[PDB]
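Next structure: contains promazine.
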Amino acid sequence: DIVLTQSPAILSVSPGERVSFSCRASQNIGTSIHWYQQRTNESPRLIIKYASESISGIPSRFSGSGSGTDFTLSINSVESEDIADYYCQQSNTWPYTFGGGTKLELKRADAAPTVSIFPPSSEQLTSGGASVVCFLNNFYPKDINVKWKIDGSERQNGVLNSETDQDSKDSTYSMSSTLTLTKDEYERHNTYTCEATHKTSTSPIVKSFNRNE
Amino acid sequence: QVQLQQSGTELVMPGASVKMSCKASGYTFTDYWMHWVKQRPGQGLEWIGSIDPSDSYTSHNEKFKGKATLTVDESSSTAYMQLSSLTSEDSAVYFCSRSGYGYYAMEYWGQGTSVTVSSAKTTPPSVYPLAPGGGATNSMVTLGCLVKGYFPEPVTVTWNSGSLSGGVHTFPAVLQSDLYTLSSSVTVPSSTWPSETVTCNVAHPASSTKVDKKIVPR
Amino acid sequence: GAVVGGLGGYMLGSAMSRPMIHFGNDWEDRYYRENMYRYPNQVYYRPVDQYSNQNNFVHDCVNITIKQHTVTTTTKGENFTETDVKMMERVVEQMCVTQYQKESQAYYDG
Ligand SMILES: CN(C)CCCN1c2ccccc2Sc2ccccc21
């Protein structure tokens, strides 16, 4: 099969900037590459066909070049509406194949997360459950790591995480990390710590509480 | 103008099949190939297969031969894809698309059908208030609501009936056991809480659930 | 259908205008356009009443037409690749369906 490799996987861009990203095919496909834009929660949209041919209704700032194996999609001046995943696809021979995508991302100043930890509610404890929640809000870049500890000991079981998409206003990211235990298991320990590691600091942001307090 | 109309959602049991439709309009149906593309949550596009409506000649991604059956109904200008023996691996959005005339850029796309495969029954959420404990700082307090153990998606989380829109992060749902869980945080000035009321409103249409949880200290 | 020599029950349908066929990718569409003249423009079949239904008529019509086109092609020192046979199968299938409808219409007309 024709493998399509897109680079980079993620591209951080500043509004107005000219940006490019590449699609390379493992075999010669002439001009039989097509580019699609996919905004969050939307369908893909054709933006360039046959390497370089424009599509009606698509802003003229989009252009493509290349023939053979190496293909480039260029955006003359990147706008907020251009923030999306971009996929290439070849139609020269079966099977049709797609590149793994290039995600566009708005570049902003680095921001450390505001971290907040929450003990289990009494109403959850009444039902026998115990979820300790940690919010890591409004940080940049997207990459971040959360560790939980109970009485000093690390814990990864019963930890579920969830990440927001880049905020459209301030261009930051947020994450929630929830550690779920049983009431009895939760009663047998005192201290619970949410530990956030982010590139804005080599020091982890530690948020914790002690039950007996 | 050409349009490709697909059903929004399908909820389907593991091991069952689903047949999803793609109704075309605004052009001569038999003049253009139709294509089916899979997208797993947070993953890329995967070609499943394609069909020429003129004679129902098909081509498949090898992996989907035996899984995905492609047909059309010329009378109704509708393409169909039937997926069989569904598993959690088939939970995805499925797009149909149409190419050009003797050209194979996918010019028009349906809105996609989101398939969830699960044996879970409709379950209302347990909504837990997340209140801090005195040592909250910044001149700014973060409150939260844990929405746990519901099925299916979606839930709508608002704060104070939608009057609290700024400073809220409602995170995508995550599968915990075989039920969904999400949290919402709202960041608010220390004046306004607990002096004024902060309440999360969790609507779960599928179970006719509408829960208001006031965030109270301790 | 026209009968001659020793068709062993088979009949030759009248020549059909070659349709524009799209194969769903750039290479095959071009290949087909350039090579379509190498495939039959008429099909061989047994009388329609000798089959259970369309599918069985078509399946047979396709096999005999292609088999017999292949020996004549072989006699000329030419060969069909896997692509050729795939494409031939498709266009011959179309013609066999058309032939069935024509034949079954006549079968209904007394
Ligand atoms: C000149 N043609 C009438 C030959 C008959 C067509 N045909 C065929 C083709 C090539 C070799 C032998 C034969 S005999 C035959 C038998 C059934 C159907 C088609 C054909």
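Just so we're on the same page: letters track the sequence lines, and every chain starts at 1. Indexing begins at 1, ligand by ligand and atom by atom, following the structure's order. These numbers come from the heavy atoms of this one structure, side chains and all, not from hydrogens, waters or symmetry mates.
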Task: Positions of promazine in the model - done: ligand 1
Task: Binding partner of promazine (most contacts, the PDB entry) - done: Major prion protein
Open item on the list: Mind listing the other chains that have a non-hydrogen atom under 4.0 Å from promazine?
Closed with: C
Open item on the list: Okay, next thing: residues with a heavy atom within 4.0 Å of promazine - which are they?
Closed with: C:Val4, C:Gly6, C:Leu7, C:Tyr10, C:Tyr44, C:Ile64, C:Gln68, C:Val71, C:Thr72
Open item on the list: Suppose we measure from atom 4 (C) of promazine to each protein heavy atom; which comes out shortest, and what is that distance?
Closed with: C:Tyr44 OH, 4.3 Å
TODO: Considering only protein heavy atoms, determine whether one is less than 4.0 Å from atom 1 (C) of promazine.
DONE: no
Open item on the list: Give me the nearest non-hydrogen protein atom to atom 14 (S) of promazine as residue plus atom name, then the distance to 0.1 Å.
Closed with: C:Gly6 O, 3.7 Å
TODO: Give the numbers and elements of all promazine atoms closer than 4.0 Å to a heavy atom of C:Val71.
DONE: 10 (C), 11 (C)
Task: Nearest-contact summary for atom 20 (C) of promazine - protein heavy atom, Å - done: C:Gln68 CG, 3.6 Å
Open item on the list: Need the promazine atom indices (1-based, order shown) with element for anything under 4.0 Å from a heavy-atom of C:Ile64.
Closed with: 18 (C)
Open item on the list: Could you tell me, atom by atom, which parts of promazine come under 4.0 Å of a heavy atom of C:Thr72?
Closed with: 10 (C)
Task: atom 17 (C) of promazine - nearest protein heavy atom and its distance - done: C:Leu7 O, 3.4 Å
